[PDB]
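Structure (with rupintrivir (bound form)).
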There are 2 protein chains.
Amino acid sequence: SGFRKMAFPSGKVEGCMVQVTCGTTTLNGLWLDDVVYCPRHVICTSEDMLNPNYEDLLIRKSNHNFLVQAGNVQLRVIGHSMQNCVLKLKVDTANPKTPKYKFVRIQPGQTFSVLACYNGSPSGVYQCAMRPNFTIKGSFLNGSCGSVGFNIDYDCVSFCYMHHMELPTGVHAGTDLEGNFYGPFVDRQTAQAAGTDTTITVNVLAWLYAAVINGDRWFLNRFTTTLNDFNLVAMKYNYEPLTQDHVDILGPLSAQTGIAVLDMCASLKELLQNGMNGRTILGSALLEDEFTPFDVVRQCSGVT
Amino acid sequence: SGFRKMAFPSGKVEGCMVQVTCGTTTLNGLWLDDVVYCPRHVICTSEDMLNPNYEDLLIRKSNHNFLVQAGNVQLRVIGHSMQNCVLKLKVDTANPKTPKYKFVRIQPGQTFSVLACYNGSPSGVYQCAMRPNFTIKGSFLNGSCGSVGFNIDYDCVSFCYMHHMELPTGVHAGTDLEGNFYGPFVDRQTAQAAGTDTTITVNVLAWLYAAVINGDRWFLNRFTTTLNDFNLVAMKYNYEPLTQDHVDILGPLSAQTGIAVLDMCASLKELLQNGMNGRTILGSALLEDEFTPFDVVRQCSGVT
Ligand SMILES: *[C@@H](CC(=O)OCC)[C@H](C[C@@H]1CCNC1=O)NC(=O)[C@@H](CC(=O)[C@@H](NC(=O)c1cc(C)on1)C(C)C)Cc1ccc(F)cc1
Ligand SMILES: *[C@@H](CC(=O)OCC)[C@H](C[C@@H]1CCNC1=O)NC(=O)[C@@H](CC(=O)[C@@H](NC(=O)c1cc(C)on1)C(C)C)Cc1ccc(F)cc1
C-alpha cells in the first residue's frame, strides 16, 4: 500500500535524447529513427525572440548550421524541415535505441512523465498534468527546452509534450510532437495570457478513492448529491464541471470501494464548503488533482 | 523555474532488474556483474513468514530451485549465499548492462529514487527520504519486494535500499545492498515498533530557500535567532535539532539568496508558532521535509 506521484520508467526515452546546437543556442532534441525533433526556436538569436519570422530565419540556415551530439558521436544532419513549431532534422543514422513509439495529443486533465534534460543529458523524471488552461506546473531551467513528456502503454512510448516556454508566472507551455501548442500560446517573447486555471475535479475524486483504499476515510460523509447540485457548488470554487463520462471513468474505483461516484461528489462538496480543518488526506493538506483515475488504478493494481 | 519532487533517470537500473522465483514465491532481483541480489524471504512460504528459520529453509534449497529470468533469457544459477537479509545468487552470465555502481548505506534525512518493480518489470520511479525513524513513505504492492532505491553521481549508480516489508501502519522497511535493515526491523511477520517520526529540519530549510528562489517570499520575517533559540523551539514541534554541519550544508543556498541560515531559522520558528494560516509555500499547505540541500541545488542549477 501507500500512494506517490510516480513517473513511468524513463529508460526507453533516455536513449532518444540528443543535444541540438545552433549558434549560441544549445537545447535538447528527440532522436527517433533517422529524424531529430526539437523546438524551432533553436534558430532564434535572443533578439529574434521578440518577433521572429521563422520562415525567413530558417531559410538562412543550412543542414551544417545544426550540430547534433548523441553522447560523443556527431550525427550528420542531411535535411531540415519545419512542422508547425518543431524542427525535423533528417540525420544520416537511424537511432538503434528507437523504441516502439506514437505521437499523441493529450487532453486537459491527463498526466504524463517529463524527462527533464540539459545539453541532451537526462537530469530528472517527474509526473505532471496538462492543466485545464493547457499549462503544466513543471520544473524547467535554461537549457531544458526539447525535454519531452510521455506515457508508456506496455512496450509503446506515446510522446505527448515537447517543452518550449515558461510564462512570467513560472508555469510552462509547449507542443505535441507535431509542433502544435497546447493552449493559445505562440513561440514568441511577448505578453501571453494563460487563462484562469481551474481544478481537475475528476482527478480530485480519483485521489479521494486512492485515499479510501489506503485507509484514509475521515472525509466520507452520510449524504449524496446530483451531477447538477455538485457542479453548481464546484463552479463557485473554480472546479471543472463533472460530466457522465467522468462518472463512468470513476466506475472501477467506485466498484472496488463500494462507494458510488455521487456519494464521493457529496464528500468533496463538504471539503470545498467546510474546508479540511487541518486534517491531511494521504499526507497532503490540500485537495490533489494531478492523478487520473488510470493513475490511481495503475498504483492500486500495480500495472507493469 | 518551478520546483518538483524529481527522481533520477531510471534507465541504468532498469538494465539490472530481473525476476527471481523459488517454488511459489516470485519477486524482483538486482543483477550486477555475475551476481543476482534479492530478499532472502523468496525462500519463505506465506506460513514460514510467521517465524522463519532462514538457515533451515536455505539448507533445503539447491542452485536449481532458483529461477532467474532477465526478460526472456534464463540465467543459470551456479551458487547461492545468504548475506544478512539478502540472497546472493551466482549466475553463469555477467550482466552486460551493469553500470559503474557502489553499495552505500544512506543516513536518515537523505533522499533516493525507488524503481518500483513487479515480476522483474519496472512499473514506476518516485523519490523519497529515509525517515529519522528509518522507515520510508513509499508505494509498494504485493510482488514489489527486491525493488531498489539508488542515487546517481554522473555515471555511477549508488544503490542504498532494497524493499522487504510493509509494517501494519502502511509505511515501509528494507535493507542496504549488504542485507542490513535500516532501523530496528527484522524480516518476520511479528509486531515491530517504528519509533517516533520527527521532521527533517535541514530539508524544511532547503525547501524554504527553494521557495525564495521561485519568488515565494511571504514567510520571510523581521527577526533573527540563534542555533540554541531555534533548536529549543524545534524540539517542542518534533523537529530534528539543527547542527553546524546543517548550517554549512545550507551555505550555497544562503549565498545564492543573500539570506543567512539563522534568518531562515527565525522565519521557520514563526511558521511553527503561528502555523501557516492556510497559505501555501511552493503549492504545499504544509512544511515539506523530503528535499535535501543537494536536491534543491540539483534543481536550482540543473545538474545532469
Ligand atoms: C528552453 C530554451 C533554452 O534554454 O534555450 C537554450 C539556451 C527555455 C526554458 C525556459 C527558461 C527557464 N525556464 C523555462 O521553462 N526557454 C527559453 O529559453 C525561452 C524562455 C521563455 O519561455 C520566456 N518567454 C517569454 O519570452 C515570454 C514573456 C512573456 C510575457 O510571455 N512569454 C520566459 C523566460 C519569459 C526563450 C524563448 C524561446 C522562444 C520564444 F519564442 C520566446 C522565448
Ligand atoms: C514484497 C514481497 C513480495 O514481492 O512477495 C513475493 C511474492 C512485500 C511488500 C509489501 C506487500 C504489500 N506492500 C508492501 O510493501 N512483502 C511482503 O509480502 C511481506 C508483507 C509484509 O511486509 C507485512 N508485514 C508484516 O508481516 C508485519 C506485521 C507486523 C506487526 O510487522 N510486520 C505486511 C503485509 C503487514 C510478507 C513478509 C515477507 C518477509 C517477512 F519476513 C515477513 C513477511
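Chain identifiers are assigned alphabetically (A, B, ...) following the order of the sequence lines, protein sequences preceding nucleic acid strands; residue numbering begins at 1 within each chain. Worth knowing before you read on, the calculation uses all heavy atoms, side chains too, and leaves out hydrogens, waters and symmetry mates. In listed order, ligands and their atoms are each counted from 1.
Contact analysis gives the chain with most pairs under 4.5 Å to rupintrivir (bound form, ligand 1) as the one the PDB entry calls 3C-like proteinase. Other chains whose heavy atoms approach rupintrivir (bound form, ligand 1) within less than 4.0 Å: A, B. Heavy atoms under 4.0 Å from rupintrivir (bound form, ligand 1) belong to A:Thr25, A:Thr26, A:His41, A:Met49, A:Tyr54, A:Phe140, A:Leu141, A:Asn142, A:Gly143, A:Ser144, A:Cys145, A:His163, A:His164, A:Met165, A:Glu166, A:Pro168, A:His172, A:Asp187, A:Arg188, A:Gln189, A:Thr190, A:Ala191, A:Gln192, B:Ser1. Of the protein's heavy atoms, A:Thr190 O, 3.2 Å lies nearest to atom 32 (N) of rupintrivir (bound form, ligand 1). Counting protein heavy atoms only, atom 3 (C) of rupintrivir (bound form, ligand 1) is closest to A:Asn142 ND2, 3.5 Å. Scanning the protein heavy atoms around atom 25 (C) of rupintrivir (bound form, ligand 1), the nearest turns out to be A:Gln189 CA, 3.8 Å. Here the protein heavy atom with the shortest distance to atom 17 (C) of rupintrivir (bound form, ligand 1) is A:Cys145 SG, 4.0 Å. Closest protein heavy atom to atom 19 (C) of rupintrivir (bound form, ligand 1): A:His164 O, 4.3 Å.
Per-atom contact check: atom 7 (C) of rupintrivir (bound form, ligand 1) touches the protein, criterion being a heavy-atom distance below 4.0 Å. Annotation: atom 12 (C) of rupintrivir (bound form, ligand 1) to nearest protein heavy atom, A:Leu141 C, 3.7 Å.
Nearest protein heavy-atom neighbour of atom 36 (C) of rupintrivir (bound form, ligand 1): A:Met49 SD, 4.2 Å. Atom 34 (C) of rupintrivir (bound form, ligand 1) has its closest protein heavy atom at A:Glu166 O, 4.1 Å.
The entry models a covalent bond from rupintrivir (bound form, ligand 1) to A:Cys145 SG.
Checked against a 3.5 angstrom limit, the closest N/O atoms of A:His163 and rupintrivir (bound form, ligand 1) fall inside it.
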